[PDB]
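Kanamycin:Gentamicin resistance protein complex.
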Amino acid sequence: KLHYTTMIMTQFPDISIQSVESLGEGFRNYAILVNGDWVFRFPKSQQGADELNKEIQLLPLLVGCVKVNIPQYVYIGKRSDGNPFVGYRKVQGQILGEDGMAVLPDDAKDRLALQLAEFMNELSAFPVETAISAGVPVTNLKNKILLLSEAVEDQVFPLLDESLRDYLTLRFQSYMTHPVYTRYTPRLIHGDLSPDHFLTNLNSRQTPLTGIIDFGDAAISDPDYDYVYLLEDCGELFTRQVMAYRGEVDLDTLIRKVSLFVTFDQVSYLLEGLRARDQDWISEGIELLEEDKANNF
Ligand SMILES: NC[C@H]1O[C@H](O[C@H]2[C@H](O)[C@@H](O[C@H]3O[C@H](CO)[C@@H](O)[C@H](N)[C@H]3O)[C@H](N)C[C@@H]2N)[C@H](O)[C@@H](O)[C@@H]1O
Ligand SMILES: Nc1nc2c(ncn2[C@@H]2O[C@H](COP(=O)(O)OP(=O)(O)O)[C@@H](O)[C@H]2O)c(=O)[nH]1
Ligand SMILES: [Cl-]
Ligand SMILES: [Cl-]
Ligand SMILES: [Mg+2]
Ligand SMILES: [Mg+2]
């Protein structure tokens, strides 16, 4: 508390702090709300610092290209050399969350699907070279999944029933051996496009999506990756609606491709629990892998 407030007030003489409250946190950042108005967002690691340095350069170039609100860093602070933090006016609205889309009526879901399709479209139109110049990495997704499959063999396979191992090997091979999945034209992607990052004003019937946050995973990569959490967290029906508005073709094949990404996400989630040495997380991740197999076959 006093730790974050002292850094803020030392570095920003125009901020007089009357209230401070925790707002949210993810794997890479801790966010607090100052005076009900300002989000101060603090990286949790050097990797978080790298991602924030990317966002500092990228987001100002994106503001004028998207039709939702995104964070605009007004305050740029430093913890010490190479350790930035930022402050931005809260992106307004209600975070939708996972449990949000499940309850929404048809007209609202239709409008949200249209707005998300448009947002993805805008990212796919953004000049890749400008993004790279802003520190956005070029992530060859085929090579990333190859490295993942090696890690799984080493760290994950020992924990599994051989039948679940057989399933995972099948999923990795189904992705890796099909050019229909592995070849793509790279684009700027958000990289973590899950509904915990969707800000809404459901009072607006026709334009319920108002904001998107957390661009820390932004990459030049496969645009189909930005469907992964739509499928995992919003469901196949909604995901297919977004795909239709975007003019995707052969949705059965595309859904299969994204479902492979979902499998790999479940592996990744377990690997994070193994890295953290969290037995509850490990057990949860093993269960999610079993559910992935049961849901697909
Ligand atoms: N909370 C419970 C859920 O947690 C995971 O899903 C969440 C991901 O963890 C998030 O992403 C983060 O973790 C990823 C690796 O897993 C990273 O690549 C990414 N950069 C991180 O921001 C993503 N934004 C939302 C998604 N619902 C499990 O998969 C899911 O089964 C489980 O129900
Ligand atoms: N309502 C609201 N919540 C925010 C805002 N910025 C961050 N948050 C919350 O803080 C959490 C952590 O921020 P995020 O950038 O996603 O951190 P990361 O996932 O660790 O990279 C988010 O998931 C939100 O819950 C904002 O502008 N408005
Ligand atoms: Cl992956
Ligand atoms: Cl398969
Ligand atoms: Mg986040
Ligand atoms: Mg992030």
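Here, residue 1 is the first one in the sequence, and each next residue gets the next number. Counting convention: from 1, in listed order, for ligands and their atoms alike. Heavy-atom basis, side chains included; hydrogens, waters and symmetry copies ignored.
- The parts of the structure that belong to kanamycin are ligand 1.
- The PDB entry names the source organism for chain A as Enterococcus gallinarum.
- At the shortest separation from atom 19 (C) of kanamycin among protein heavy atoms lies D192 OD1, 3.6 Å.
- Each of the following atoms of kanamycin lies closer than 4.0 Å to a heavy atom of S194: 23 (C), 24 (N), 25 (C).
- Of all protein heavy atoms, the one closest to atom 30 (C) of kanamycin is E232 OE2, 3.4 Å.
- When hydrogens are left out, the protein atom nearest atom 20 (N) of kanamycin is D217 OD2, 2.8 Å; that is the closest non-hydrogen contact.
- Looking only at protein heavy atoms, the nearest one to atom 32 (C) of kanamycin is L288 CD1, 4.0 Å.
- Of all protein heavy atoms, the one lying nearest to atom 2 (C) of kanamycin is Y269 OH, 4.0 Å.
- The distance criterion of under 3.5 Å between nitrogen or oxygen atoms is not met by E98 with respect to kanamycin.
- When heavy-atom distances to kanamycin are checked against a 4.0 Å cut-off, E272 has no atom that comes that close, whether in backbone or side chain.
- Checking only distances, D196 never comes within under 3.5 Å of kanamycin, N or O to N or O.
- In terms of protein heavy-atom proximity, atom 16 (O) of kanamycin is closest to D265 OD1, 3.2 Å.
- Within the 4.0 Å heavy-atom criterion, the part of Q266 lying near kanamycin is the side chain and not the backbone.
- Atom 26 (C) of kanamycin has its closest protein heavy atom at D233 OD2, 3.5 Å.
- In this structure, atom 18 (O) of kanamycin lies nearest to the protein heavy atom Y229 OH, 3.7 Å.
- For kanamycin, the atoms lying closer than 4.0 Å to a non-hydrogen atom of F27 are 12 (C), 13 (O), 21 (C).
- Where the criterion is an N or O separation shorter than 3.5 Å, residue side chain and backbone included, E284 fails it with respect to kanamycin.
- Applying a heavy-atom cut-off of 4.0 Å to kanamycin picks out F27, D192, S194, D217, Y229, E232, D233, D265, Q266, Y269, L288.
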